[PDB]
Amino acid sequence: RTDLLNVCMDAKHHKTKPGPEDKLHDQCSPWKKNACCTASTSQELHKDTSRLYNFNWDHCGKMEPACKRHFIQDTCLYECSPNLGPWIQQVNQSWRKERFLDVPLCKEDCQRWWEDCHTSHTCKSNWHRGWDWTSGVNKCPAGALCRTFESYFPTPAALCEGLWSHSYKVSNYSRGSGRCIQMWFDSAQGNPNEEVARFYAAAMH
Ligand SMILES: CN(Cc1cnc2nc(N)nc(N)c2n1)c1ccc(C(=O)N[C@@H](CCC(=O)O)C(=O)O)cc1
Ligand SMILES: *[C@@H]1O[C@H](CO)[C@@H](O[C@@H]2O[C@H](CO)[C@@H](O)[C@H](O)[C@H]2NC(C)=O)[C@H](O)[C@H]1NC(C)=O
Ligand SMILES: *[C@@H]1O[C@H](CO)[C@@H](O[C@@H]2O[C@H](CO)[C@@H](O)[C@H](O)[C@H]2NC(C)=O)[C@H](O)[C@H]1NC(C)=O
Ligand SMILES: [Cl-]
Ligand SMILES: [Cl-]
Ligand SMILES: [K+]
């Protein structure tokens, strides 16, 4: 149980162990007291088609700012959170040894993300597997047309759950309940996800 608290998963850019990073950039700054990401990672992850995975958000024309801020935020959580131990699973992949499964995302964060992305476009309902990477950057593969976000993600759950192969599930608990993981939080009273990781480590046991 306690073994699941305050760890970093074994993945491409993660630090070995959580620790302070006073210089976390922009949207990742709320993790600055305790983070699995380096300052340099936090900086690079804000960029379009960044060097972290050469991943292009603007694969079906430009993704709108109100939408892209959520993908940036989600990447801060993925690369920086020391509070997702309870959901870590082993995986066979060339670029990471572990990933997350069924992280209980607060329903409002999923809802807000889905809504803010309605005016954006994509060509796939799962962005973890199946891209054409032959150019060095992800491109829509054979059979995959550009459509409205809603076409590929007809509900908030389809976005948050389908996007990274069920790395999230949409919790029925709300932001602030201490019973779901917040993607978006300010740090004034601490990182609220610590208490959540603590609760589920024991509750899932
Ligand atoms: C967006 N990005 C970084 C990345 C990867 N996994 C995540 N997982 C979660 N839960 N959240 C993220 N933000 C996240 N981000 C990506 C996306 C695709 C590939 C990729 O190489 N996909 C190959 C699959 C490679 C493989 O066989 O493992 C493909 O088929 O398209 C790498 C990094
Ligand atoms: C990663 O790969 C290994 C090896 O293929 C998987 O383990 C095997 O699983 C099968 C059943 O699916 C067993 O019969 C074999 O004995 C296992 N082989 C070894 C070498 O352990 C493993 O399950 C994979 N991990 C995931 C999450 O799929
Ligand atoms: C998720 O949470 C909502 C809100 O807390 C739950 O809502 C209510 O459910 C009961 C009985 O099903 C109703 O009588 C109430 O009027 C509902 N409130 C609202 C505002 O809808 C909901 O049941 C929960 N979902 C699950 C699957 O447990
Ligand atoms: Cl590389
Ligand atoms: Cl706003
Ligand atoms: K966190």
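Per the PDB entry, chain A residues shown: 24-228, in order. Start at 1 and go down the list; that is how both ligands and their atoms are numbered. Values reported hereafter were calculated over all heavy atoms of this structure, with side chains retained and with hydrogens, waters and symmetry mates removed.
- The drug placed at ligand 1 in this model is methotrexate.
- Bound to methotrexate with the largest number of contacts is the chain that the PDB entry calls Folate receptor beta.
- The shell of residues around methotrexate (heavy atoms under 4.0 Å) is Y76, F78, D97, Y101, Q116, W118, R119, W150, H151, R152, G153, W154, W156, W187, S190.
- If you number the atoms of methotrexate from 1 as listed, the ones under 4.0 Å from a heavy atom of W154 come out as 29 (C), 30 (O), 31 (O).
- Atoms of methotrexate found under 4.0 Å from any heavy atom of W150, numbered from 1 in the order shown, are 17 (C), 18 (C).
- Among protein heavy atoms, the minimum distance from atom 7 (C) of methotrexate is reached at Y101 CE1, 3.6 Å.
- Less than 4.0 Å from methotrexate sit no other ligands or ions.
- Looking only at protein heavy atoms, the nearest one to atom 22 (N) of methotrexate is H151 O, 2.8 Å.
- Taking every non-hydrogen atom of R119 and a distance limit under 4.0 Å, the qualifying atoms of methotrexate come out as 6 (N), 7 (C), 8 (N).
- Entry annotation: the source organism of chain A is Homo sapiens.
- The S190 neighbourhood of methotrexate comprises atoms 10 (N), with distances under 4.0 Å to a heavy atom of that residue.
- Protein heavy atom nearest atom 3 (C) of methotrexate, with residue, atom name and distance: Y76 CD1, 3.4 Å.
- Atom 21 (O) of methotrexate has as its closest protein heavy atom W156 NE1, 3.8 Å.
- Nearest protein heavy-atom contact of atom 25 (C) of methotrexate is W118 NE1, 3.5 Å.
- Among protein heavy atoms, atom 28 (O) of methotrexate sits closest to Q116 NE2, 2.7 Å.
- At least one N/O-N/O distance between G153 and methotrexate falls below 3.5 Å.
- The protein atom (non-hydrogen) at minimum distance from atom 13 (N) of methotrexate is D97 OD2, 3.1 Å.
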